[PDB]
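Taking it in order: structure first as structure tokens, then the write-up.
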Amino acid sequence: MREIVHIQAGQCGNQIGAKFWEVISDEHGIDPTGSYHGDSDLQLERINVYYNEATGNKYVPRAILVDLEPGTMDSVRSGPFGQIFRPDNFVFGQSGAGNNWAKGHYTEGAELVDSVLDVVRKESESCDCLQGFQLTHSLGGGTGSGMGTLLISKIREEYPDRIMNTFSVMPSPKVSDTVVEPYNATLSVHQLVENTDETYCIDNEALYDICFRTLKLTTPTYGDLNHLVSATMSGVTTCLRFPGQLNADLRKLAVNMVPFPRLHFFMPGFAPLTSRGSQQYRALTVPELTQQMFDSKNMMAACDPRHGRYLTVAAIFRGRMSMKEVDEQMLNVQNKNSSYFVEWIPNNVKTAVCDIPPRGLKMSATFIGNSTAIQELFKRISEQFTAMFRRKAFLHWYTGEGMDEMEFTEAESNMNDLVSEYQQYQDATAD
Amino acid sequence: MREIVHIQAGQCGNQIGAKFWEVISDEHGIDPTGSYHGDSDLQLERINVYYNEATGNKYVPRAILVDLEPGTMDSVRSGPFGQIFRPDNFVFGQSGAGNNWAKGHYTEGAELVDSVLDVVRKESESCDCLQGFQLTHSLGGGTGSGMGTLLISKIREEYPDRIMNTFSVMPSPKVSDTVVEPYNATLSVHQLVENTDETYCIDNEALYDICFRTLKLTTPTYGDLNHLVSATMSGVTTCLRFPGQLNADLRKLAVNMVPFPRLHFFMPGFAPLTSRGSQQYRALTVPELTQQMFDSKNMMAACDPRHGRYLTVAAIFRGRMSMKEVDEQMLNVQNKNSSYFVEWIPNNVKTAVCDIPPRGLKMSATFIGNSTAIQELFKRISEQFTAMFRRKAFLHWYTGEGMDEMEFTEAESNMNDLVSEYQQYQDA
Amino acid sequence: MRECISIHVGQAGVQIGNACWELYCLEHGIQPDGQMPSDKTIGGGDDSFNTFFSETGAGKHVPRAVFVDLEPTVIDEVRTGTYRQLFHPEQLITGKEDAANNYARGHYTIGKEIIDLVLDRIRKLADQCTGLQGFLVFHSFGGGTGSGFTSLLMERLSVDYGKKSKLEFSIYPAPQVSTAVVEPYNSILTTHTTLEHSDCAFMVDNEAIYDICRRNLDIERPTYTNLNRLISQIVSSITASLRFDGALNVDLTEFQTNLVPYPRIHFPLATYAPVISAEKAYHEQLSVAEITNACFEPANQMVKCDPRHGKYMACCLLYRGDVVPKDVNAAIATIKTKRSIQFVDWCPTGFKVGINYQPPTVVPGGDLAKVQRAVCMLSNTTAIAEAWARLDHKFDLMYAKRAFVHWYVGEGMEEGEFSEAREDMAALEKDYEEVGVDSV
Amino acid sequence: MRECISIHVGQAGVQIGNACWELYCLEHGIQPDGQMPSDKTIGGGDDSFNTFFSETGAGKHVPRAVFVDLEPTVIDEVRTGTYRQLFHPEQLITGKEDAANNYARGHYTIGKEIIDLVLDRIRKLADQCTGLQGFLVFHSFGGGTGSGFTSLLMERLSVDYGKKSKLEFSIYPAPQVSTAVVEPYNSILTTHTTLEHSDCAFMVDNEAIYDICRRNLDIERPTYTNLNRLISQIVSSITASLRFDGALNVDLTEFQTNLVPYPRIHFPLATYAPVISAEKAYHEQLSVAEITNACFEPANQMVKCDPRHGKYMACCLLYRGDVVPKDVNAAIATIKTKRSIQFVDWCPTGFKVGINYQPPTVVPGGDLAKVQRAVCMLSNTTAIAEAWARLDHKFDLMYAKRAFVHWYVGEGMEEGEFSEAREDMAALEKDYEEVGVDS
Ligand SMILES: C/C(=C\c1csc(C)n1)[C@H]1C[C@H]2O[C@H]2CCC[C@@H](C)[C@H](O)[C@@H](C)C(=O)C(C)(C)[C@@H](O)CC(=O)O1
Ligand SMILES: C/C(=C\c1csc(C)n1)[C@H]1C[C@H]2O[C@H]2CCC[C@@H](C)[C@H](O)[C@@H](C)C(=O)C(C)(C)[C@@H](O)CC(=O)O1
Ligand SMILES: Nc1nc2c(ncn2[C@@H]2O[C@H](COP(=O)(O)OP(=O)(O)OP(=O)(O)O)[C@@H](O)[C@H]2O)c(=O)[nH]1
Ligand SMILES: Nc1nc2c(ncn2[C@@H]2O[C@H](COP(=O)(O)OP(=O)(O)OP(=O)(O)O)[C@@H](O)[C@H]2O)c(=O)[nH]1
Ligand SMILES: COc1cc2c(c(OC)c1OC)-c1ccc(OC)c(=O)cc1[C@@H](NC(C)=O)CC2
Ligand SMILES: Nc1nc2c(ncn2[C@@H]2O[C@H](COP(=O)(O)OP(=O)(O)O)[C@@H](O)[C@H]2O)c(=O)[nH]1
Ligand SMILES: Nc1nc2c(ncn2[C@@H]2O[C@H](COP(=O)(O)OP(=O)(O)O)[C@@H](O)[C@H]2O)c(=O)[nH]1
Ligand SMILES: [Ca+2]
Ligand SMILES: [Ca+2]
Ligand SMILES: [Ca+2]
Ligand SMILES: [Ca+2]
Ligand SMILES: [Mg+2]
Ligand SMILES: [Mg+2]
Ligand SMILES: [Mg+2]
Ligand SMILES: [Mg+2]
């Protein structure tokens, strides 16, 4: 088969990772015990991508759970699908990371990384034909952002021709008031820009704004933010998990979505997102879905596609619908927003349709955009970094682990360059 | 001057050759098995010109069948009189010649040619006094054009003092298989000019025009065209096959018909040709045969003879008729068109009469003219050749088999010299 | 004798192969288990259908074909489908990792791991032949395997078989069913690489086929299944001359002489008629004249271009079914006086006609109506250059910025190979211009 | 007995020879068997007929003849025919392939290969001659064999039998019969090469014989058989003086003496009368004066020409049958007063007269009626030069374009021979003009 190895690191990584496994296990008909009980054969056609087949018709997530503190591990293990994960794939420490990137990347994490690599190797050696890895993590803390980007480097050295895919949750002060998050993020983007092949930018600021302004939720909980994350992760992996033509593996997706090696940061979006009161009086239609997944407020990255240009776009529709109508709607939206798509990449919007809808919806749509407007995300993190680095706040926290000051300067200059590149291709014309 | 060895090569050569053997076998009273069943000893007096005698009063055509693909000769074995040919005289390859002169002459043909020469040599060895060879082929394809002219060159090398005679079918867009026919024909004419003593030019354009305009056949097939060819081949060879007031052979014919060595391309013609069906029973008369035999629209290579002059003419009448009336009619035809006959060759029109008419007819006439108007035929092919050659279109089919452009340039120059030679005597 | 080995490369080549061999089986009366009740020659023969099927001692008629793909899911459908008993398992070759829509991976990284095995199987097929005539290669332009592996294969076949003839059936990319934004790159690379190794190539424009299915078949959103059944009708018409015999049948190689005036100008334009639904065929009976006029309607072409804006260098008409020459001649006479048909000045203005008497066949569950007579026209017109121009334009738009190029460089290619291929395309376009200019 | 040997060359020579020997046997009463009941001398003798026939101890009378053809189908007819028993195999020489109407092929190519065999067979007949006087040679002008091989033969005969006389009976080509296009070439080439080797040549124009057969025999379309039976009557008239007791033209030298004053001008005109259809039941018998007048009618001549516009060098009247000298003298007296008969000044104006009492014999079943008296006039007149003018003109027409010349050069002849022969003919026409005209 064409197997993927999943890795989740840190608190955020293990929370969104666990929900991901819960949602796709439901979609593929796997019960918490690992037994199959679905009906449609499409559920098992590509089950091998994410699941090993053990004895007794059990399906085991090809997943590796990693953290620097025994917490979470237990919550995960004592959760809906905790008994489905392979006991040996839990690798945890004790010292914790204290939201310190250096503690994750250079010291305590380094102390644990070899134990993780043995499990990675053990899972990979049994893959009929491994295609790559996916990591879920946050960029704001210590374990996920620090030890996660370390795991990425170590795996990239032993499997240099495999795809490295991350779901990276971006820090926002509206959800986490931990002050050194801007620093951790900048150190992480510096790693991601150079060692991953494709990165879904899951923005906590955008998830917060969707809950507050669109779903009209007074106090958004992590459960709300994670339900949005899980719906998007279900969508963006639909083409990997069900029989299909377009973007059917990580490499074809990357070849279609990444026109230049550094510009591999994707802006996801989901539809439908409807306030509780309006759902009853809002029709669920193909024109509704197409219009809404191109809306700036529906992006899961806090940015305005109207402020930039789309390099590439992948759209995925799920459920029973008319292919003719989808074709007509997708062309309509490109025609009415042509100036927002770079003219030097012809036929840059690709569309897939999968017959199996997600849980609880007659139909849905998932948007994956490689737009230059994502520079806004990197500018926001850059602003918060320069207002905390001019006065050297907390620097000691990192120098106390051995880090020189220039590593902060390089991780910042590299991010300013990334912004300049997005702008360079944002202004390039064809004539 | 007795035996003639017959060779038929390629698809056209073998189809027309097969009809030739059917028609003359019927005339000589030979059945498809080779046993005689006729009523006259006129049928057997010169049967040895074209047939060998086996055991059991069996007559076997002195014929060699050559092709680079087996299809057509399977049709010949399966067709009428297929059983009459000597099994060992079927010589064929498996690769074909793809309508390509170069393949027939230089590559595929070179591999089969020695086998053919073994059969030719074996047949010649059995001849009491071999007269020469006749070959049937087309000039527009690959085997008849390329390998036929290769065969002719080899035979002239082994039998330099025998007559080489061909019935050569000229290509035409009206009945065409591929666009490269003008290439194949120009290359072949250059060989014929050099290595044959007599060549009957059977023009597919004229055969088509006769089937269409005269015989009123909307959709002429190769069968129709070949029935015309068979009748002309029977008529031109009458003098060789039956007893009469003419003890002729190929060499006396050549000496009388060819005043200059290069101008040896004859314009054949046949009469009567009549569409259905009322006139089909009407008695035809000698004045009508003579006038019809000289009409330009009745010529099997159309080059309006009124645009040229006749160097020589042979006319053969068949059936029981008045020889006095034949003389009067030929004389008056000459008197009525004597501007069309060169004055510097006295008495250049010769008439022969044979008592046995062809099957199906009470009387017929066959025309053989050495006219300068044949130049129109070579001029037509020359134009089609140059339109393509000037842009080197389709040359890659030939260059890939080893040939180079110089050989094409040579052939074209040689054929234009032939045209201007014919032109020179048209004004003398 | 005169055997033809078919080679199906990649998803498009394989799925189109499936359509073709099902259709061949229907045309010849061969059952899905390989039995051909009507064949009294057991264990072999020299029948026209043997140019495409070998025979076993047990009476099985086996396609002279190799299916090849770098991943298994597509060929697995053949391995488990209706005609799974028709092919020997050795004819179905699959890898484990595809070319990821990347020519570089098809020609180099992945292709090199399987090329020798494929050539070995082709050799086993070739050894069963008494007079191998050549190869037919089915592939897409856009996929990583269809472009890269096909190029690699053609080069190796030129080494092992010399100038033995190689014909292509090539799927030209269209946005409506496109799977990669880099299809223009793969297209130009494979066309440059195979140009010297191919004798004749029949391009099938997926957009043209899509449009014909929508218009003439009343199919709302045509799938690959729709397209492939139509494409197979065109392929069947082109190979019918090799698989059936008759008094008026003309071999494809005879047409090939007329179709290719120069080695590089070897891309004929195919048109097919009639394409009509059952609903619409229940009323009209399309005459010979009607289907022949249809051939000169631009909307019925297999590649979008305008023959009116070009010059013809050859026109061949391949009829099958209830058709007699008298009617063809009358039809052609009409077209010559109503259509704008300009020939180059160096080529005779004449239509080359072949007629097969075996009627067209339709697959059960298909969309084509069963008709009594059909025609496929093959013309060599300079208008097909329009297809190259559109492709070259998409290439230029991306290549000016070097978009996606790193995927190819990372797999060992160099930018020099890109500009080489593009200059060769520029020369091809200029060639199509030169052949159209009047003589001096 | 001085013996005479006949050589028949080519188709025309052989077929005319057949007709002549048939007629000789009828005239002398020799059976096809070869037996001659009237001959009481068995196995030999000195009779006049022994000049043409030898004898065996078994009483077979063998023609002193040789037949040569370069292809076999014509001599085969002699072998399997009525008088097959007359000849023996050594006398009939056949080849495999003919001269193809090509003088060069008969003279150079094929003649070289067979000439010695032919002379050997001639030496065998000559060895049985107690006093051979010479040769009579029969051939066409137009055939390849009749022209090319004959001239080669005449050259060799002049070498091997230098003293002996050589007479020709020649068939001049005529379109109305059966001519090939190049017959004028062969005619001039052979006349040139033979001119100095022949002492007296009797030309028979096929056109004249054709018209005599149509006009007087009512034969619609004369065949070779009709023509050759009339020619053989003429030939028989000419040689009868050699085959019967008599005193005029009794040996071959006498032909030259009586008819040829200048060696080059050695082509006597033959005129014969009467030619009466065997179908006419009631015919009135012509007198001596009437057949003698007919001798001066152009219609009765062997060559169409007008003796009135020429000069006579010699005249010989040869009568057969019921003729007395008194009636001949009366006839000559009248003709000299009613005809334009001018002789050259350096000859006598006179007539040599011969009378053979035995009447002409007619082949049973032939076209000619038995008559009681016939006459053959042999006159050396310059009017026969018309025949040369016609021939030379046709030659000039083709030779000016070198038409057909390559056929001759291909057999090893040089183009120059053509010109040499044409100048010799121009000289011959000039000789005739000097003897005959008086500006
Ligand atoms: C828009 C939705 C449904 C719908 C049905 S018909 C229509 C116009 N919309 C669903 C879509 C589901 O993918 C899930 C995302 C919702 C995340 C929840 C945690 C959310 O925060 C929840 C508290 C809500 O806001 C609702 C309960 C109103 C939610 O079901 C509606 C919604 O937006 O999600
Ligand atoms: C002499 C003929 C006919 C004729 C005219 S008047 C009479 C008593 N008979 C023959 C001619 C023969 O040389 C043969 C060629 C004929 C070709 C046919 C096969 C032709 O294709 C056929 C379909 C015809 O058109 C005719 C049957 C009318 C044919 O006889 C024409 C012709 O001249 O026949
Ligand atoms: N007509 C037709 N086109 C097809 C079919 N399958 C794919 N294509 C077209 O072919 C192109 C993609 O090539 P594929 O055949 O899918 O690719 P591949 O050869 O498998 O290459 P990789 O997957 O990259 O290794 C696109 O333009 C598709 O629209 C098919 O069954 N029919
Ligand atoms: N009067 C008469 N003329 C004849 C006869 N046979 C042939 N001719 C004439 O002779 C000329 C042809 O010469 P042939 O005797 O046939 O030729 P040949 O000597 O056999 O020479 P080839 O056959 O060429 O080798 C023509 O002018 C004929 O008309 C004949 O039997 N009688
Ligand atoms: C065996 O075949 C033939 C052979 C010949 C001739 C001929 O045409 C009549 C043939 O029959 C067709 C022939 C031809 C043409 C002549 O003049 C151009 C000529 O002078 C003379 C002839 C022939 N001779 C005669 C007297 O007809 C000899 C060669
Ligand atoms: N969306 C989302 N964000 C989270 C979740 N848990 C933590 N975060 C974010 O994660 C960042 C810190 O990551 P954390 O998991 O505590 O760091 P680590 O475990 O030391 O690597 C903060 O910006 C939080 O907003 C979660 O369940 N969902
Ligand atoms: N008249 C006539 N022409 C033919 C026949 N067959 C082929 N041709 C002509 O011959 C040419 C093609 O030559 P072909 O004999 O088929 O090629 P080959 O087999 O390679 O020698 C074309 O101009 C055809 O029109 C036939 O049976 N009769
Ligand atoms: Ca061979
Ligand atoms: Ca040998
Ligand atoms: Ca069989
Ligand atoms: Ca005696
Ligand atoms: Mg936390
Ligand atoms: Mg052919
Ligand atoms: Mg594939
Ligand atoms: Mg002779």
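Just so we're on the same page: letters track the sequence lines, and every chain starts at 1. Header lists the method as X-ray crystallography, 2.8 Å. Just so you know, ligand 1 is whichever comes first in the structure, and atom 1 is the first atom listed for that ligand.
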(request) Name the macromolecule with the most heavy-atom contacts to ligand 5 in this structure, as the PDB entry names it. (result) Tubulin beta-2B chain
(message) Quick one: do you know the drug at ligand 5?
(response) colchicine
(message) I'm mapping contacts for colchicine. Which other chains have a heavy atom under 4.0 Å?
(response) B, D
(request) Report any other ligands and ions found less than 4.0 Å from colchicine, or state none. (result) none
(message) I'm curious, what organism does the PDB give for chain B?
(response) Bos taurus
(request) Name chain D exactly as the entry does. (result) Tubulin alpha-1B chain
(message) Okay, next thing: residues with a heavy atom within 4.0 Å of colchicine - which are they?
(response) B:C239, B:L240, B:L246, B:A248, B:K252, B:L253, B:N256, B:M257, B:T312, B:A314, B:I316, B:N348, B:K350, D:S178, D:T179, D:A180, D:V181
